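Chain identifiers are assigned alphabetically (A, B, ...) following the order of the sequence lines, protein sequences preceding nucleic acid strands; residue numbering begins at 1 within each chain. According to its header, this structure was worked out by X-ray crystallography, 3.1 Å.
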Amino acid sequence: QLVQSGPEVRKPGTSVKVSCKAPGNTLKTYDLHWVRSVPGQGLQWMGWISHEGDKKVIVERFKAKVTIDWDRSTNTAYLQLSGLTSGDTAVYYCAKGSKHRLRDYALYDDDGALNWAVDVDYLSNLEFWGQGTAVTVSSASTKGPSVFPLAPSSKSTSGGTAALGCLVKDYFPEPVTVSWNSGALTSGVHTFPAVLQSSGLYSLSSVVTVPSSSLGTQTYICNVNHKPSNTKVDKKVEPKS
Amino acid sequence: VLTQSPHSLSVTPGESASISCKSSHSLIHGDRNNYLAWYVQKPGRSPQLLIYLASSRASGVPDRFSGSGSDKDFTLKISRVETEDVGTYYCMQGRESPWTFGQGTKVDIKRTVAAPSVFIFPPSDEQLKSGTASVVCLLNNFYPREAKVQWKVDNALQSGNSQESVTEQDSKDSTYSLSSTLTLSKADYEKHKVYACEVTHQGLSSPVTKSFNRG
């Protein structure tokens with residue numbers, strides 16, 4: 001149970017500030033962590049802050065352009081990406097965790113007093129995670145999606161079942177939500193994830209398999225909504241042979 | 001390093017799944033403390049904790065999840081696997097700095113093999129009017145996720161001008177769907193006659209070519 005800020009879109013070279021926190025004064029005794037999730041590349045631990053506040057460590061990869069912080073008065077935590085590149089387009093996770101703190105070294109006075117001591121922190125777990133914040137880095141500008149029909153035909157029919165769909169092409173940025181018959185058509189619907197084209201614009205395909213008995217009987221309209229361009233699109237898919 | 005195994009995993013429902021994590025160096029400090037944890041990241045969800053200190057179950061975590069091993073060899077065991085458990089699992093160490101994750105393990109629900117019905121869609125008149133040609137091949141409801149797709153234009157296979165995506169595994173029938181999109185210029189599109197989607201899959205008795213004639 002951790003709440004983070006909404007998704008972010010940045011032109012290259014700029015900076016993005018990401019916030020995250022539990023409700024109120026919940027997990028003050030839990031350490032702050034930041035994990036990076038690149039879709040299809042794995043999980044990445046960036047850095048951490050001790051709940052005591054005597055530690056703030058950042059991994060060499062992110063050392064140059066990343067800042068972590070936490071002002072204890074609002075209890076709220078922050079992550080800062082600067083000098084953004086295209087390779088910084090990833091999902092950023094915050095996490096609260098427990099740990100072990102055991103003294104590894106000690107140096108004493110000649111009369112017994114402790115002169116110097118070093119502690120070592122051992123990660124126990126990351127128990128509480130945030131919803132996640134998506135950061136997108138591109139030179140592209142906001143562009144409304146072109147919607148084209150995937151017509152059902154003789155070639156797109158197997159047995160007694162046919163398939164049609166909408167093709168959402170060349171938009172920016174994500175996300176695009178696709179519906180069929182305003183939510184009335186649910187069974188057999190397959191909406192694939194958007195693919196990043198060579199242009200820098202996304203393309204998306206939403207399909208649904210229907211019996212050929214319905215092609216004349218029923219009407220199949222896809223609703224394509226794209227908030228960033230303030231566009232909602234209704235397109236009717238017909239069988240044109 | 002942390003080396004997690006296997007890279008991919010498929011479990012017939014109601015069986016047991018064993019994922020391993022192996023450290024080059026010791027993960028024990030002091031008395032008997034193995035600082036290695038296990039996590040899940042289900043599709044569309046944030047990571048969530050399963051096991052910590054090698055063998056300790058987190059709160060609200062089903063009894064089927066267990067941890068074992070020590071020092072170097074570590075194993076996550078999921079038994080009585082259900083549809084809920086599908087996702088990517090990660091191991092994480094907390095001994096040496098910096099703390100790192102495992103490379104991940106895609107856990108999959110294994111069903112009986114299902115061949116895909118392959119569909120094909122020519123470029124619409126609406127899109128051709130806009131000066132671009134996009135050809136779509138659709139493979140529906142198949143298992144496993146591994147499918148090989150090739151685009152032939154005048155029986156010359158296309159390379160570097162197509163890109164595909166797969167749906168997440170459907171919870172109902174445990175199958176996938178693939179949508180490949182071949183993009184061509186309007187000029188190049190009408191300079192060629194036949195367009196085909198050559199699909200190979202385990203379920204298929206023989207490689208399937210869904211083709212249409214331009215015009």
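Of the candidates IMC-11F8, PGDM1400, HDIT101, what sits at chains A and B is PGDM1400. The PDB entry designates chain A as Human anti-HIV-1 antibody PGDM1400 heavy chain. The deposit gives chain B the name Human anti-HIV-1 antibody PGDM1400 light chain.
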